[PDB]
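So, a structure with nirmatrelvir (bound form) in it.
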Number of protein chains: 2
Amino acid sequence: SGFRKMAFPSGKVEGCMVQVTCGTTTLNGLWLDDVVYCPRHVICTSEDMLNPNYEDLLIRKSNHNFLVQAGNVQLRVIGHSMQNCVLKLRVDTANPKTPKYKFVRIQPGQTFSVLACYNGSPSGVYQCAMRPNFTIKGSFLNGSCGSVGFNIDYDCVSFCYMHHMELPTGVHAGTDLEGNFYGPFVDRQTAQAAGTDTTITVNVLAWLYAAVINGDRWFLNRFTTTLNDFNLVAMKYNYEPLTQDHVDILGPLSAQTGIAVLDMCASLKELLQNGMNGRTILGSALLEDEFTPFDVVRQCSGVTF
Amino acid sequence: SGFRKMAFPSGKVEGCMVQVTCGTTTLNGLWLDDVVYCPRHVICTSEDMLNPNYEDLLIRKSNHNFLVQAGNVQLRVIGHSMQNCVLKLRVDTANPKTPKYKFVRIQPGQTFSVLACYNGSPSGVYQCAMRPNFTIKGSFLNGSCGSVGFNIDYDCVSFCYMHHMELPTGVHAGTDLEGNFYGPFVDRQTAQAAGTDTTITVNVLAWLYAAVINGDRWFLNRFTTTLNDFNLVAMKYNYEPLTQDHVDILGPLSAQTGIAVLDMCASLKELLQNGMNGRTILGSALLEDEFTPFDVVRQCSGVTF
Ligand SMILES: *C(=N)[C@H](C[C@@H]1CCNC1=O)NC(=O)[C@@H]1[C@@H]2[C@H](CN1C(=O)[C@@H](NC(=O)C(F)(F)F)C(C)(C)C)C2(C)C
Ligand SMILES: *C(=N)[C@H](C[C@@H]1CCNC1=O)NC(=O)[C@@H]1[C@@H]2[C@H](CN1C(=O)[C@@H](NC(=O)C(F)(F)F)C(C)(C)C)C2(C)C
């Protein structure tokens, strides 16, 4: 019993974190095989970042301009190229600690662990959801860029995020491992706005099932609702519309508890309309939307790696 | 910016986890040097746990009765001894992945990372605080016993917890690596309840400094209180008494922000008596007490390991 925000064990990702320096700019890189992937703004100075032309900045750079440090060891960069907002550095050797991996582009609502690093060294690990407005609510300081987000499926590390920047409202933005930004953001030091953030509805229901499995059941009612009737109510509260696909994803949790998805929606509707009245759910006074249906199943059935 | 509950990178602890089976009872062990530490109830059958005579049960157990598995390799147990509630199985092979380590007993209020395991394999990582009632709010299932709590001091791993049991309200209990339980709990399936919990006041104040550091400054007021006047209000709300040692520990946070501890106490008093007025602090509608002042400093400085 008990329910916590839980990150994947990070040992496999730790063995891939290196330090990338270009001039006086230092950040992190991800060493897999003989390639190191890092944000392309490692080539900028403080002034370049206001309006960079990465193409010309990179032309003025050659192999001896990039220092890659793995532990106490310098890695010889024997090639470089630019793929979207990510820089690929060909190094003299393959990472002996390279795990089985893939690069994936995640959907909004999906979660991943972030291994926050500074100077190629791991500082901490925390769980993050890709918000519907394509930002994450993380914890990143100067030099954190290059820190990656990932998921583990038994032995395989699926990398999905690389940190690049922080937006005005304290939220964070970055790219997939191909350099494509999540959202309408650019790697330029200029005011940019993230859209209005909505609540991931399928995730709130998933967390309500986790609360039920843990014995937190005060919010359950003997009422029912239709999918349309629930959506008409929830949308006034800035909740994402719930679809038949989302109900199919909630199925294993529904079957395990014996509470139909639309029965749980009637409890969620009541919580939005009447509030929580000083009560808590899994120790929280707000409805939590950063656990996916899979995160609940994984935690409640002890999936190991 | 951004303040998140963060666990230590788990790589170092991952390499120390093994599986320990005795008869039909299977759980996790911690392999350091040529010794495997695990909870002593691994020798118990399902009926023994109601009223176990450990001294007697262990006398009827031999080295050959303990199966220890490190990956696909079975380790030969060449000796054993019972230290309080922990079993120490001497194996014929030192763990080549043994990091620099120490065993410590933590105090209530101090935090640690839990690497949760099943069958000797890591499933996830999260941060916990030793509550004033000596329980922890974790997430553990059947077979999670022997999973450990740890802190990392750059290169040294301080092991401070080993999971043994779960109490009625979904809260957990365990021992230090000497087998001594935190709290008044015993390792027997008998009626036990955690004493009424209190809020860790120094951790709440450290969390408000983290809020000011990140921009949430709405709760700051012109008022100032004494230590005595603060403590008379905290006790009403079930808060731990704030001592001069707690005030001294808060010193680095107070100096970085230029806000006196007793000026932050007036902010906390106002918050306890009159509420949060519909506002959040660091994305939370409740006052968080699981970040110690060292966690706030570590995260806000980007300390690496
Ligand atoms: C990479 N190490 C940092 C990480 C930032 C620093 C503070 N916390 C973070 O997440 N990335 C940057 O410094 C990027 C980088 C230039 C400026 N920058 C920003 O994150 C800035 N943000 C923006 O200009 C905005 F709002 F558009 F996102 C900053 C104001 C410094 C937070 C580049 C090339 C975008
Ligand atoms: C270790 N593998 C498990 C972890 C438990 C199982 C359910 N969730 C957990 O955290 N430990 C146990 O099964 C221990 C073990 C016997 C009984 N047990 C308990 O934790 C039980 N609790 C109590 O006896 C109580 F109420 F006193 F705290 C249980 C009812 C199974 C939760 C021993 C030797 C204590």
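In the text below, chain A, chain B and the rest are named by the order of the sequence lines, each starting its count at 1. Counting convention: from 1, in listed order, for ligands and their atoms alike. Determination method: X-ray crystallography, 2.1 Å.
Counting heavy-atom pairs under 4.5 Å, the chain with the largest count for nirmatrelvir (bound form, ligand 1) is, by its name in the PDB entry, 3C-like proteinase nsp5. Other chains with one or more heavy atoms under 4.0 Å from any atom of nirmatrelvir (bound form, ligand 1): A.
In the candidate list A/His164, A/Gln192, A/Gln189, A/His163, A/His163 is nearest to atom 10 (O) of nirmatrelvir (bound form, ligand 1), counting heavy atoms.
Nearest to atom 20 (O) of nirmatrelvir (bound form, ligand 1) among the protein's heavy atoms is A/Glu166 N, 2.9 Å. The largest share of chain A residues contacting nirmatrelvir (bound form, ligand 1) lies in UniProt domain Peptidase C30.
Within a 4.0 Å radius of atom 13 (O) of nirmatrelvir (bound form, ligand 1), the protein contributes no non-hydrogen atoms.
Summarising the contacts of atom 27 (F) of nirmatrelvir (bound form, ligand 1) with A/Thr25, A/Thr190, A/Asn142, A/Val186, the nearest heavy atom is found in A/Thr190.
Lab note: nearest UniProt active-site residue of chain A to nirmatrelvir (bound form, ligand 1), heavy atoms, 1 Å precision, A/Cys145, 2 Å. Covalent bond for nirmatrelvir (bound form, ligand 1) in this entry: A/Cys145 SG. Nearby ligands and ions of nirmatrelvir (bound form, ligand 1), counting only those under 4.0 Å: none. The closest non-hydrogen atom to atom 3 (C) of nirmatrelvir (bound form, ligand 1), taken over A/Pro168, B/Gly2, A/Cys145, B/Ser1, comes from A/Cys145.
Counting heavy atoms within 4.0 Å, the binding site of nirmatrelvir (bound form, ligand 1) comprises A/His41, A/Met49, A/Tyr54, A/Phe140, A/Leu141, A/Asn142, A/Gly143, A/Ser144, A/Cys145, A/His163, A/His164, A/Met165, A/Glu166, A/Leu167, A/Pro168, A/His172, A/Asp187, A/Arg188, A/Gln189, A/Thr190, A/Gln192.
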